[PDB]
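Drug present: tiratricol.
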Amino acid sequence: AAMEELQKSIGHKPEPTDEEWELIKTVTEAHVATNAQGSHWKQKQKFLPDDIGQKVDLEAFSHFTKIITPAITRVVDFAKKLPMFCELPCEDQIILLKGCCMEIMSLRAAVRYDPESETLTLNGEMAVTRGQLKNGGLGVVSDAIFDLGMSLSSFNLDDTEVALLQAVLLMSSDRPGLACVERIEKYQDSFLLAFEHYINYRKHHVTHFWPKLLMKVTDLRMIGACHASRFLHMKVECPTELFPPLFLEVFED
Ligand SMILES: O=C(O)Cc1cc(I)c(Oc2ccc(O)c(I)c2)c(I)c1
Ligand SMILES: [As]
Ligand SMILES: [As]
């Protein structure tokens with residue numbers, strides 16, 4: 001219990017326990033496996049026509065929702081590759097995924113922010129600008145993600161960190177309706193821990209790194225909630241036909 005609480009008070013910044021490494025291995029695997037087209041510096045993006053997205057620019061909105069079912073599936077793939085997840089009742093596995101889906105999606109899109117072209121890359125293919133994503137039906141949610149991506153520039157995260165982060169967003173035991181609420185906090189904490197340890201081991205040269213990286217979990221949660229509201233404004237504004245099936249089931253909450 002306090003082998004940590006004490007080891008801390010001393011000043012020791014504990015690396016990950018042999019077992020935690022196994023857990024980190026699992027999560028970094030599952031992430032990279034359910035990821036985009038790879039992930040590197042210098043060319044790949046398919047810059048979205050500049051005349052797209054400039055109410056709701058239905059032209060853009062289409063492009064997005066077009067490649068939205070793939071993204072939503074990779075999130076479910078990731079969650080599938082985490083044993084702890086599988087250990088949960090199908091009911092809960094659905095409440096969890098529907099909750100953290102946009103959160104993990106905003107994260108992935110945010111960590112693909114290119115400061116040069118000032119664009120994110122959705123599904124690792126389509127590049128979009130702030131106003132393109134904004135006018136394509138996300139509104140102020142675009143500024144949220146773009147502002148995040150810019151901020152995450154400095155944390156210079158890696159797959160494992162972005163992989164763990166997603167696991168923390170996933171085991172949010174506060175989702176309404178959860179049945180096995182305890183067994184979920186146990187797993188999230190298990191993660192937050194292997195996560196904190198991994199950050200010590202990596203030792204970034206940023207003061208208060210961890211406290212700052214947890215403040216991101218909150219911002220991601222806020223992008224999530226803000227999206228739910230934007231989904232309403234989208235239902236009413238855009239048609240009822242341009243809404244992929246999966247996309248729809250996942251977001252009626
Ligand atoms: O990049 C990835 O893998 C994940 C990802 C994929 C997409 I498409 C995306 O844009 C959205 C999401 C919801 C929505 O209602 C609309 I309109 C656009 C974002 I932000 C992130
Ligand atoms: As909002
Ligand atoms: As906001």
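Counting from 1, the numbers follow the sequence of the chain as shown. Indexing begins at 1, ligand by ligand and atom by atom, following the structure's order. The figures that follow rest on heavy atoms only: side chains count, while hydrogens, waters and symmetry mates do not.
Counting repeats, the structure shows tiratricol at ligand 1. Most heavy-atom contacts to tiratricol (ligand 1): the chain UniProt names Thyroid hormone receptor beta. Counting heavy atoms within 4.0 Å, the binding site of tiratricol (ligand 1) comprises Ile68, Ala71, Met105, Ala109, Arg112, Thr121, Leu122, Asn123, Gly136, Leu138, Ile145, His227, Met234, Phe247.
Counted by heavy atoms under 4.0 Å from tiratricol (ligand 1), the UniProt L-thyroxine-binding residues of chain A that qualify: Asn123, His227. The overlap between the UniProt 3,3',5-triiodo-L-thyronine-binding residues of chain A and the residues with a heavy atom under 4.0 Å from tiratricol (ligand 1) is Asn123, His227. In chain A, the residues contacting tiratricol (ligand 1) fall mostly within the UniProt domain NR LBD.
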